[PDB]
Peer 1: 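Following up with a structure containing tigecycline.
Quick note: numbers on chain A are straight from the PDB entry, i.e. 11-247, 249-384, in order. FYI, side chains are in, hydrogens and waters are out, and symmetry mates aren't considered; it's all heavy atoms of this structure. The deposited model was determined using X-ray crystallography, 2.2 Å. Ligands are counted one by one from 1 in listed order, and the atoms in each one are counted from 1 as well.
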Amino acid sequence: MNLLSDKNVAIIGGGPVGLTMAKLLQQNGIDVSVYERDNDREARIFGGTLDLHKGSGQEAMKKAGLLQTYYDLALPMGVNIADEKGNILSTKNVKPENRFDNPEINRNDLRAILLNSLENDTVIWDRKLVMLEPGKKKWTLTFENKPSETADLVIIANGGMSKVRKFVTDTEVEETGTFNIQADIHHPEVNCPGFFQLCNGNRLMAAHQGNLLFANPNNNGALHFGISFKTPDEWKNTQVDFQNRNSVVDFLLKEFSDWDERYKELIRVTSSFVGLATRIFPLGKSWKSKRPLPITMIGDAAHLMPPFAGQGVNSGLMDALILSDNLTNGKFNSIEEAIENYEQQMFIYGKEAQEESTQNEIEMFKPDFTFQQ
Ligand SMILES: Cc1cc2c(cc1C)N(C[C@H](O)[C@H](O)[C@H](O)COP(=O)(O)OP(=O)(O)OC[C@H]1O[C@@H](n3cnc4c(N)ncnc43)[C@H](O)[C@@H]1O)c1[nH]c(=O)[nH]c(=O)c1N2
Ligand SMILES: C[NH+](C)c1cc(NC(=O)CNC(C)(C)C)c(O)c2c1C[C@H]1C[C@H]3[C@H]([NH+](C)C)C(O)=C(C(N)=O)C(=O)[C@@]3(O)C(O)=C1C2=O
């Protein structure tokens, strides 16, 4: 019959994009396994919420039959812009006509939606892919301290830091020159009451002198905030130890010195911080043209970009929707031609998304930016 009849697909990485790719193939009768580094699905995913947009992220969920399950676990949320003094400068609340536009979902809820939709044993846990080798017809996959597997098609979906890209591209991940510190506060109504009342059930964003603060007061009962700034030149080839909360507190309280005490309370009561340099996997010249066997990349492994334009997962789920339709629609003469068609479209929307990310990033970290239009 079709391109993948009597063939199996290996997806590397069980993030939202890989699991979506698995669902869209599996529901067309395709033999697909997902190899995920993580030991069990009972592991907290650290991060904020994700919003699926109409026409991209939501299309993927709709084609999968999971769009209602997403709406049931997602939460529409307004945005408040505030100054460093705790003045609300602007309050965009959720008009009921727009409540389906991009409601926020917890990363563990999205993962659980996608896992429950797959056949038992679709995802193989504790499988860290370390290397690929193409045979005559099949790839051999090598995992850390676990037996090898084979596949006719490999889809790299294992995130922005993937080390298994080289059969697709020699493109290297780059630092953009911004740095992000993320943290969670449990029971924020009790533990950061001032900042919680400032948020007032809305997301909050504030900018003063090249420091940006973002918060969501309701990621499944926890408040999630991030502080972003131009990487201090001091930290060329980090003078802050992120395992030492006292060191991060001391750095942040100096940087936030002229901010209202409701923001400094955030910094003071945070049990642990996570620091990460902003990185991009730049889409430039095309990828390797003549690969030994069929292989491609979707999600952050394809187009990792700064998280400043609300884009990221949406272009990933668009990757999964286009590749899965190309592999299953009957229109292509080979797996290679289905892949080429996916990559050619992804290079267009992906270059646009990356350009918008990089532009927002340049603008937002002028030493004199405020969210004010
Ligand atoms: C601080 C911050 C904040 C945001 C965002 C990023 C960052 C850094 N993003 C971007 C968004 O998080 C991102 O686009 C998606 O997580 C990408 O999904 P993927 O499944 O491609 O990768 P993701 O990285 O989520 O998943 C990769 C998976 O592969 C696994 N893995 C890694 N190496 C492996 C190996 N060798 N073998 C097997 N498994 C392996 C990992 O364990 C993980 O499960 C975002 N986006 C958005 O739309 N809205 C937002 O608000 C934000 N906010
Ligand atoms: C420019 N800022 C205001 C922005 C814009 C958009 N959307 C757009 O620009 C798209 N606008 C169109 C639809 C094209 C008209 C955005 O979509 C976003 C954001 C902000 C980011 C902030 C992210 C932040 N990061 C740096 C880690 C963060 O910590 C939080 C948080 N703790 O709540 C975020 O909210 C953040 O992850 C995020 O999701 C942002 C946006 O979604």
Peer 1: State which chains or ligands correspond to tigecycline.
Peer 2: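 All copies: ligand 2.
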Peer 1: By the naming in the PDB entry, what macromolecule does tigecycline (ligand 2) touch most in this deposit?
Peer 2: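 Main binding partner here: Flavin-dependent monooxygenase.
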Peer 1: Could you tell me whether tigecycline (ligand 2) has any atom less than 4.0 Å away from a heavy atom of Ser238?
Peer 2: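 Yes; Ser238 lies near enough to tigecycline (ligand 2) that a heavy-atom distance drops under 4.0 Å.
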Peer 1: Give the numbers and elements of all tigecycline (ligand 2) atoms closer than 4.0 Å to a heavy atom of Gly236.
Peer 2: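 Contacts of tigecycline (ligand 2) toward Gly236, numbered from 1: 29 (O), 32 (N).
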Peer 1: Provide, to 0.1 Å, the distance between atom 38 (C) of tigecycline (ligand 2) and the closest protein heavy atom, together with that atom's residue and name.
Peer 2: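 Minimum-distance protein heavy atom for atom 38 (C) of tigecycline (ligand 2) reads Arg213 NH2, 4.3 Å.
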Peer 1: Which option, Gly321, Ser368, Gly323, owns the non-hydrogen atom nearest atom 6 (C) of tigecycline (ligand 2)?
Peer 2: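 Considering heavy atoms of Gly321, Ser368, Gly323, the nearest to atom 6 (C) of tigecycline (ligand 2) sits in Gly321.
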Peer 1: Geometry only, no angles: is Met375 polar-contacting tigecycline (ligand 2) at N/O separations under 3.5 Å?
Peer 2: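 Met375 vs tigecycline (ligand 2): no N/O contact under 3.5 Å.
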Peer 1: If you have a sec, work out which protein heavy atom is nearest atom 29 (O) of tigecycline (ligand 2) and how many Å separate them, to one decimal?
Peer 2: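 Closest protein heavy atom to atom 29 (O) of tigecycline (ligand 2): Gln192 NE2, 3.0 Å.
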Peer 1: Provide the number and element of each atom of tigecycline (ligand 2) under 4.0 Å from a heavy atom of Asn371.
Peer 2: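 By the 4.0 Å cutoff, the relevant atoms are 1 (C), 9 (O).
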Peer 1: Suppose I only count heavy atoms of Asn226 and a 4.0 Å limit; which atoms of tigecycline (ligand 2) are within that range?
Peer 2: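 In order of numbering, the contacting atoms are 33 (O).
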Peer 1: Within 4.0 Å of atom 17 (O) of tigecycline (ligand 2) (strictly less), any protein heavy atom?
Peer 2: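 So far as the 4.0 Å threshold goes, atom 17 (O) of tigecycline (ligand 2) is in reach of a protein heavy atom.
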Peer 1: Per the deposit, which organism is listed for chain A?
Peer 2: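 The deposit lists Escherichia coli.
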Peer 1: What are the atoms of tigecycline (ligand 2), with element, lying closer than 4.0 Å to any heavy atom of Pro318?
Peer 2: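 That gives atoms 21 (C), 23 (C), 25 (N), 26 (C) of tigecycline (ligand 2).
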Peer 1: Below the 3.5 angstrom mark, is there an N/O of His63, backbone or side chain, next to an N/O of tigecycline (ligand 2)?
Peer 2: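 Not met; the criterion fails.
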Peer 1: Quick test of your reading of the structure: of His234, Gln322, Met215, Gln370, whose heavy atom lies closest to atom 3 (C) of tigecycline (ligand 2)?
Peer 2: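 Heavy atom nearest to atom 3 (C) of tigecycline (ligand 2) belongs to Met215.
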Peer 1: Identify the closest protein heavy atom to atom 10 (C) of tigecycline (ligand 2): which residue and atom is it, and at what distance?
Peer 2: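 For atom 10 (C) of tigecycline (ligand 2), the nearest protein heavy atom is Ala320 O, 3.8 Å.
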Peer 1: Tell me, which protein residue and heavy-atom name are nearest atom 34 (C) of tigecycline (ligand 2), and how many Å apart are they?
Peer 2: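 Of every protein heavy atom, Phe224 CB, 4.2 Å lies nearest to atom 34 (C) of tigecycline (ligand 2).
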Peer 1: So if I count the atoms of tigecycline (ligand 2) from 1 in the order they appear, which ones are less than 4.0 Å from some heavy atom of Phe319?
Peer 2: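 So the answer, numbered in order with elements, is 1 (C), 2 (N), 4 (C), 5 (C), 19 (C), 26 (C).
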Peer 1: Hi! What's sitting within 4.0 Å of tigecycline (ligand 2) if we only look at heavy atoms?
Peer 2: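 Non-hydrogen contacts come from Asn190, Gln192, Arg213, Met215, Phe224, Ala225, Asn226, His234, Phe235, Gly236, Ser238, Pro318, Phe319, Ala320, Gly321, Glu367, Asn371, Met375, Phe382.
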